[PDB]
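So you know, we letter chains A, B, ... as the sequences are listed, proteins then strands, and number each from 1. Keep in mind that the numbers below use all heavy atoms, side chains included, and drop hydrogens, waters and symmetry copies. Just so you know, ligand 1 is whichever comes first in the structure, and atom 1 is the first atom listed for that ligand.
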4 protein chains.
Amino acid sequence: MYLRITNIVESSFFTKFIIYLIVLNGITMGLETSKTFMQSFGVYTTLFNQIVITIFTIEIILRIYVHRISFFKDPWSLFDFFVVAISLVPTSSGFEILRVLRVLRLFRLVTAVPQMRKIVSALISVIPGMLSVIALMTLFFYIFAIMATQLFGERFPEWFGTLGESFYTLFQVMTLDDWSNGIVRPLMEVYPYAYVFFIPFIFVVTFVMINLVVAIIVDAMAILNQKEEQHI
Amino acid sequence: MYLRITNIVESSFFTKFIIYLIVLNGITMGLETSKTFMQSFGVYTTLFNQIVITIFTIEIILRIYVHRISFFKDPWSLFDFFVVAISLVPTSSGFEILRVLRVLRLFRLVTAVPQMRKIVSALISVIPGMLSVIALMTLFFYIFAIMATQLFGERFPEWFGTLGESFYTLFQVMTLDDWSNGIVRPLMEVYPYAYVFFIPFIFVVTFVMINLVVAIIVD
Amino acid sequence: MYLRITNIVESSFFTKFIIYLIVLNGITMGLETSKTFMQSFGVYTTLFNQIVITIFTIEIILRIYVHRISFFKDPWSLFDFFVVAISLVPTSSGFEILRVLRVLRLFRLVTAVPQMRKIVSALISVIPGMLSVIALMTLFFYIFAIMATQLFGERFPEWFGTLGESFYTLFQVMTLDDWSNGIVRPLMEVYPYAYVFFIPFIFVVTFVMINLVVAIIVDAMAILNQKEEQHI
Amino acid sequence: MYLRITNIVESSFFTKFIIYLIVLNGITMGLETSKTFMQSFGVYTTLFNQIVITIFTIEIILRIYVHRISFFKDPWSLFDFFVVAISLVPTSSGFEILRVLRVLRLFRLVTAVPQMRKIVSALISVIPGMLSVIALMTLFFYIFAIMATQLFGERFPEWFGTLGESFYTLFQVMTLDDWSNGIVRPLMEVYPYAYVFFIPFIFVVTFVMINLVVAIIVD
Ligand SMILES: COc1ccc([C@@H]2Sc3ccccc3N(CCN(C)C)C(=O)[C@H]2OC(C)=O)cc1
Ligand SMILES: CCOC(=O)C1=C(COCCN)NC(C)=C(C(=O)OC)[C@@H]1c1ccccc1Cl
Ligand SMILES: O=P(O)(O)OC[C@H](O)CO
Ligand SMILES: O=P(O)(O)OC[C@H](O)CO
Ligand SMILES: O=P(O)(O)OC[C@H](O)CO
Ligand SMILES: O=P(O)(O)OC[C@H](O)CO
Ligand SMILES: O=P(O)(O)OC[C@H](O)CO
Ligand SMILES: [Ca+2]
Ligand SMILES: [Ca+2]
Ligand SMILES: [Ca+2]
């Protein structure tokens with residue numbers, strides 16, 4: 001009840017099988033798209049999209065029995081749990097979404113192939129130092145988004161009407177996307193002093209983002225210099 | 001036994017009361033945004049904002065005397081002073097733009113929590129060693145911002161008519177926000193040779209603004 | 001004649017004569033443009049094409065006789081071979097295909113000046129350090145390009161709704177090239193929550209590059225750091 | 001006489017006096033950029049601009065004696081030399097692109113202050129390290145321009161009609177500025193694979209620059 005079973009899941013090619021599947025469903029989806037394919041090999045992809053979805057469901061619950069408590073202390077598996085089950089809901093005969101969220105099972109190659117789980121994590125190994133800056137921002141935008149809704153708002157509702165709309169347009173200014181001619185000019189042509197709001201908003205906004213690439217090498221590589229190198 | 005006040009202003013508890021009042025009034029403004037809200041429930045919100053503003057002109061006048069060797073020489077609280085100052089309807093023979101300025105308060109969630117006060121010291125950490133090459137380029141702006149008006153002001157007033165008008169453009173060109181067909185493909189019509197002014201200038205601003213990035217990291 | 005062809009080749013004169021016979025094909029190529037030149041005296045350069053081209057495709061024999069097996073194994077060598085062979089094409093008649101690609105022959109300068117290849121290499125060296133985050137990116141993109149045809153390519157045929165046309169548009173969205181007004185405000189009107197596919201897809205695709213160049217700086221500065229620590 | 005007034009030049013007194021003037025003249029140059037001030041009042045200080053250059057052009061005669069063959073072998077000193085010559089332009093020339101060069105005399109603010117001086121030296125400190133790579137692409141940019149006139153400029157002459165046209169468009173592409181929607185997608189409505197020349201060009205140009213800025217701690 002364990003042993004015959006423990007050995008199977010852990011195999012060499014069963015991974016290379018559910019990796020051989022992950023890599024397969026992903027190619028029908030690329031054909032599922034162009035309905036020139038789908039009207040010449042429809043039921044194929046459709047029902048291959050149901051037969052594939054089950055090996056992933058035994059695979060998950062097999063892994064669940066083998067590991068038990070530790071399966072549910074693995075984000076890679078919880079995310080596996082997350083992803084694979086999101087497809088378990090009957091997305092067919094339903095809302096657009098979960099049909100198009102079921103494709104998040106190609107996030108599973110990431111889960112599936114090893115070294116893709118270090119560099120993914122070498123990237124998730126960055127947010128702890130940044131959750132300090134990340135929150136300064138979120139308030140800098142709560143406070144300047146509002147000052148926006150008020151001054152513009154009626155005149156320019158599509159952009160800065162309701163606060164979220166100020167959020168959407170603040171973000172857009174930030175990446176500096178067509179902001180020059182698109183959003184500030186058109187404002188400056190009825191409220192001409194609106195450049196007092198946005199120019200030095202832009203300064204705060206790229207100074208900050210630059211000053212966290214001066215610090216991701218000084219503040220994230222300061223914890224990598226205190227406990228790992230002095231080991232000598 | 002005198003001066004018993006200075007033993008409540010300083011603690012670890014006063015912060016979640018001011019801080020957590022900041023956070024409240026640092027939300028009430030947000031719900032003002034829903035147009036509907038401030039119809040059904042405006043009544044509680046008009047006063048809510050006022051209750052803190054005196055409580056804050058309390059807190060601050062009650063922070064005024066406890067700290068004095070370094071209070072006015074504390075820009076955080078001077079920033080807490082002037083921010084709170086504007087909130088009480090100044091009377092200076094002036095007109096109504098200030099109503100929007102008060103929300104600047106809810107920056108007080110950074111003013112009086114150290115995690116959001118560690119980081120704002122790491123912002124102005126190396127604002128010197130930078131501020132010269134701010135002040136250089138601010139000449140390089142200014143100068144090109146001269147020829148610019150002095151070279152394309154008769155045929156292009158909207159973009160570069162005056163000194164100021166020329167500036168607001170070069171900053172875009174710098175942030176590069178549709179510079180080519182937004183601004184230079186056109187001038188190139190009345191004036192065919194206007195590329196030299198920007199292909200160069202585009203480098204200089206960005207070459208500067210880039211070296212500024214690598215010349216700070218080692219520090 | 002093996003020792004006597006090895007004297008013509010790899011001699012101080014081969015510089016005096018190949019690097020020169022290149023640069024004056026890249027002066028003369030700046031003149032097969034602005035066609036007033038072609039009508040007038042263009043047959044000089046239509047066949048100056050051919051001097052340069054047989055001057056080179058003799059070298060394509062000279063080098064292969066001399067460095068008989070040490071050529072096909074040189075990185076910086078198979079290019080010129082390819083760059084000449086691929087230029088070794090019919091001068092005019094046909095559909096017209098690799099008539100344009102000839103101008104790669106100007107690349108030969110990189111391959112016959114050592115100052116070039118070091119810089120090429122100080123650039124290409126950083127590749128493989130990433131060549132698996134490169135496909136971290138293709139995997140992520142693939143999931144997303146699909147999630148576009150099955151999302152917006154009902155009403156926006158130009159920007160999505162196909163496996164092909166969606167990869168692009170997202171690419172323009174990555175560089176943030178007229179992204180918001182230009183492409184996302186439109187989709188949002190048809191579907192407001194389109195942001196819930198791009199406000200994220202941004203913060204991610206940007207993120208990864210920020211931590212896959214921050215790699216590129218630390219990758220070159222963690223090698224400097226090791227030979228200057230065991231002895232100084 | 002030829003050794004005497006070295007005492008007036010090599011002095012703490014000399015530099016600031018000119019600096020003071022070129023801050024006046026720099027206040028009153030940015031002021032010469034004016035629709036009203038030039039007309040209303042500038043005709044009465046259009047003399048300032050010419051009695052400044054007189055004092056200027058006298059400065060650049062004895063400095064020349066102080067360093068006999070060493071004036072024109074100093075970087076910053078050759079600069080303001082040629083810079084004043086352009087500024088010496090007769091109140092009526094041929095093509096008054098030179099009356100608008102006049103502002104380049106305000107660049108004497110960088111070559112006369114040793115802070116502003118050697119930061120330029122710190123700037124051009126990375127350029128002869130970079131020369132190693134700039135050329136590598138003014139050959140990348142130059143050939144990707146060649147290949148656009150024989151694909152694209154008989155259906156997009158405005159953009160890739162000639163070399164030049166392709167230089168500008170290409171430079172534009174690399175500033176990533178409105179390139180898909182603005183220039184690239186339109187191309188796909190006649191020649192469909194325009195993107196397969198355009199995307200990796202993006203990557204190849206995009207590759208180098210980032211790799212430049214990394215190993216710029218070395219050059
Ligand atoms: C693979 O193709 C790509 C992918 C990403 C880029 C980014 S786009 C970007 C996104 C966010 C912040 C800045 C940028 N910029 C802005 C500067 N540009 C306007 C000159 C970039 O150039 C690219 O990243 C870098 C440091 O060069 C370029 C090509
Ligand atoms: C269900 C409504 O929530 C949203 O769509 C938004 C969220 C709630 O979801 C958060 C998802 N990031 N956070 C912010 C910050 C958003 C914003 O304004 O720009 C992203 C929006 C929003 C608010 C009002 C109008 C439009 C929109 Cl999109
Ligand atoms: O074949 P197309 O041209 O419809 O492009 C998308 C397809 O799904 C590719 O398999
Ligand atoms: O920006 P200017 O050139 O319009 O100068 C503003 C002054 O107040 C006018 O004298
Ligand atoms: O030369 P002009 O007389 O056309 O004046 C404008 C400049 O030359 C181009 O910026
Ligand atoms: O089909 P909808 O109405 O769920 O819209 C799609 C979402 O807004 C994201 O594209
Ligand atoms: O699509 P074609 O074959 O007509 O050639 C034109 C361009 O080179 C495509 O990029
Ligand atoms: Ca744009
Ligand atoms: Ca843009
Ligand atoms: Ca841009």
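PDB records give the name of the drug at ligand 2 as amlodipine. The macromolecule with the greatest number of heavy-atom pairs within 4.5 Å of amlodipine (ligand 2) is, in the PDB entry, named Ion transport protein.
For amlodipine (ligand 2), the other chains with a heavy atom below 4.0 Å are labelled A, C.
For amlodipine (ligand 2), the residues with any heavy atom closer than 4.0 Å are A:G164, A:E165, A:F167, A:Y168, C:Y195.
Note: other ligands/ions under 4.0 Å from amlodipine (ligand 2) - none seen. The organism reported in the entry as the source of chain A is Arcobacter butzleri RM4018.
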